[PDB]
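Caption: PDB structure containing saquinavir.
Lettering of chains proceeds alphabetically from A, tracking the sequence lines in order. Here the PDB entry sets the residue numbers for chain A, with the shown residues being 1-99 in order. In order, the residues displayed for chain B correspond to 101-199 in the PDB entry numbering, which applies throughout. Heavy-atom basis, side chains included; hydrogens, waters and symmetry copies ignored. Counting starts at 1 for both ligands and their atoms, following the listed order.
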Number of protein chains: 2
Amino acid sequence: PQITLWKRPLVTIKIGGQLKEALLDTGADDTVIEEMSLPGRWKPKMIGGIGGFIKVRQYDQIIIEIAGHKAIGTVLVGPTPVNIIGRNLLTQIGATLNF
Amino acid sequence: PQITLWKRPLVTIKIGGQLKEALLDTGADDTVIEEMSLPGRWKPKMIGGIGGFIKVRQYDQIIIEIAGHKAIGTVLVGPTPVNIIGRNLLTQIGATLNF
Ligand SMILES: CC(C)(C)NC(=O)[C@@H]1C[C@@H]2CCCC[C@@H]2CN1C[C@@H](O)[C@H](Cc1ccccc1)NC(=O)[C@H](CC(N)=O)NC(=O)c1ccc2ccccc2n1
């Protein structure tokens, strides 16, 4: 598919058995998902953005479906206003920027 | 060009006649550049992201060259950690996401 940038590039994702809306984000190194009760072991992490840092939980080898395309990798969970799909997962679904 | 996402999508820009490095960022609504002297009129504004809100100078109708392509639009100047090119200027140069 091709997505224009007139509006935020939001798509449907599936994670932990739940459907959510998330932003395809070429400026994010990491994938950050809103607070949810994911099972299993995690490691403490701090991540930065414009504004400063927030505390998150790092989960490894998490399955996520992005606009119908399957991926598996690291997902950070904590208090974000928007679910963001970063480059660690955009590469797995074959995404590029074109102009 | 077609840009893949295994590395950060960094390009050269020209702004106020000066060369800088900046990130092509589909997750950003706006364009935010590090503190600099810039010819043009400005007004105070506040913007947010992952760790909270910061104070910036808003400059309208600024000429900027992005990887060899011309844009003329709004640039925010302030204590951002990384120079970011957001959707207000990505749309001007014809950029799309593809997968
Ligand atoms: C630029 C502005 C217009 C303020 N927009 C945004 O900030 C929106 C805000 C939205 C709501 C809050 C949740 C984030 C989304 C997406 N972001 C865009 C989004 O693309 C944003 C832009 C950015 C990049 C680099 C440095 C600063 C800011 N990325 C991020 O916040 C990601 C988060 C992450 N850890 O993956 N940061 C980075 O990937 C990153 C990279 C280098 C750094 C160097 C020093 C300090 C911090 C650094 N952070």
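Bound to saquinavir (ligand 1) with the largest number of contacts is the chain that the PDB entry calls Protease. Contact chains for saquinavir (ligand 1) (heavy atom under 4.0 Å, other chains only): A, B. Under the 4.0 angstrom criterion, atom 8 (C) of saquinavir (ligand 1) counts as having a protein heavy-atom contact.
When B:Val132, B:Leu176, A:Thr26, A:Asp30 are checked for heavy-atom proximity to atom 36 (O) of saquinavir (ligand 1), A:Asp30 turns out nearest.
Looking from atom 39 (O) of saquinavir (ligand 1) to the surrounding protein, the closest heavy atom is A:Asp29 N, 3.0 Å. Only the side chain of A:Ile84 comes within 4.0 Å of saquinavir (ligand 1), counting heavy atoms alone; its backbone N, CA, C and O stay farther away. Checked against a 3.5 angstrom limit, the closest N/O atoms of A:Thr80 and saquinavir (ligand 1) fall outside it. Taking each of B:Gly127, B:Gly151, A:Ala28 in turn, the one with a heavy atom nearest to atom 17 (N) of saquinavir (ligand 1) proves to be B:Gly127. Between B:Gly148 and saquinavir (ligand 1) there is a heavy-atom distance shorter than 4.0 Å. Taking all heavy atoms of B:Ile154, A:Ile54, B:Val182 into account, the minimum distance to atom 25 (C) of saquinavir (ligand 1) is reached by B:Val182. Assignment of B:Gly186 to the shell around saquinavir (ligand 1) is not supported, since no heavy atom sits closer than 4.0 Å. Distances below 4.0 Å separate heavy atoms of A:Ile50 from the following atoms of saquinavir (ligand 1): 1 (C), 4 (C), 27 (C), 28 (C). Those atoms of saquinavir (ligand 1) that come under 4.0 Å of a heavy atom in A:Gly49, given as number and element, are 31 (O). When hydrogens are left out, the protein atom nearest atom 46 (C) of saquinavir (ligand 1) is B:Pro181 CB, 3.9 Å; that is the closest non-hydrogen contact.
Only the side chain of B:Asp125 comes within 4.0 Å of saquinavir (ligand 1), judged by heavy-atom distances. Of all the atoms in saquinavir (ligand 1), the ones that sit under 4.0 Å from a non-hydrogen atom of B:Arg108 are 41 (C), 42 (C).
Binding site of saquinavir (ligand 1), heavy atoms within 4.0 Å: A:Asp25, A:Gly27, A:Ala28, A:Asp29, A:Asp30, A:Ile47, A:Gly48, A:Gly49, A:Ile50, A:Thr80, A:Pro81, A:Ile84, B:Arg108, B:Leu123, B:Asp125, B:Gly127, B:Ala128, B:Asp130, B:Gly148, B:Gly149, B:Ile150, B:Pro181, B:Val182, B:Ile184.
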Give every pair made of an N or O atom of saquinavir (ligand 1) and a protein N or O atom lying under 3.5 Å apart, one pair per line with both atom names and the distance to 0.1 Å, or write 'none'.
unit_1: saquinavir (ligand 1); atom_1: 20 (O); unit_2: A:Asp25; atom_2: OD1; d: 2.7
unit_1: saquinavir (ligand 1); atom_1: 20 (O); unit_2: A:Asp25; atom_2: OD2; d: 2.9
unit_1: saquinavir (ligand 1); atom_1: 20 (O); unit_2: B:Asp125; atom_2: OD1; d: 2.8
unit_1: saquinavir (ligand 1); atom_1: 20 (O); unit_2: B:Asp125; atom_2: OD2; d: 2.9
unit_1: saquinavir (ligand 1); atom_1: 35 (N); unit_2: A:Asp30; atom_2: OD2; d: 3.4
unit_1: saquinavir (ligand 1); atom_1: 36 (O); unit_2: A:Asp29; atom_2: N; d: 3.3
unit_1: saquinavir (ligand 1); atom_1: 36 (O); unit_2: A:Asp30; atom_2: N; d: 3.2
unit_1: saquinavir (ligand 1); atom_1: 37 (N); unit_2: A:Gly48; atom_2: O; d: 3.2
unit_1: saquinavir (ligand 1); atom_1: 39 (O); unit_2: A:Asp29; atom_2: N; d: 3.0
unit_1: saquinavir (ligand 1); atom_1: 49 (N); unit_2: A:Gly48; atom_2: O; d: 3.2

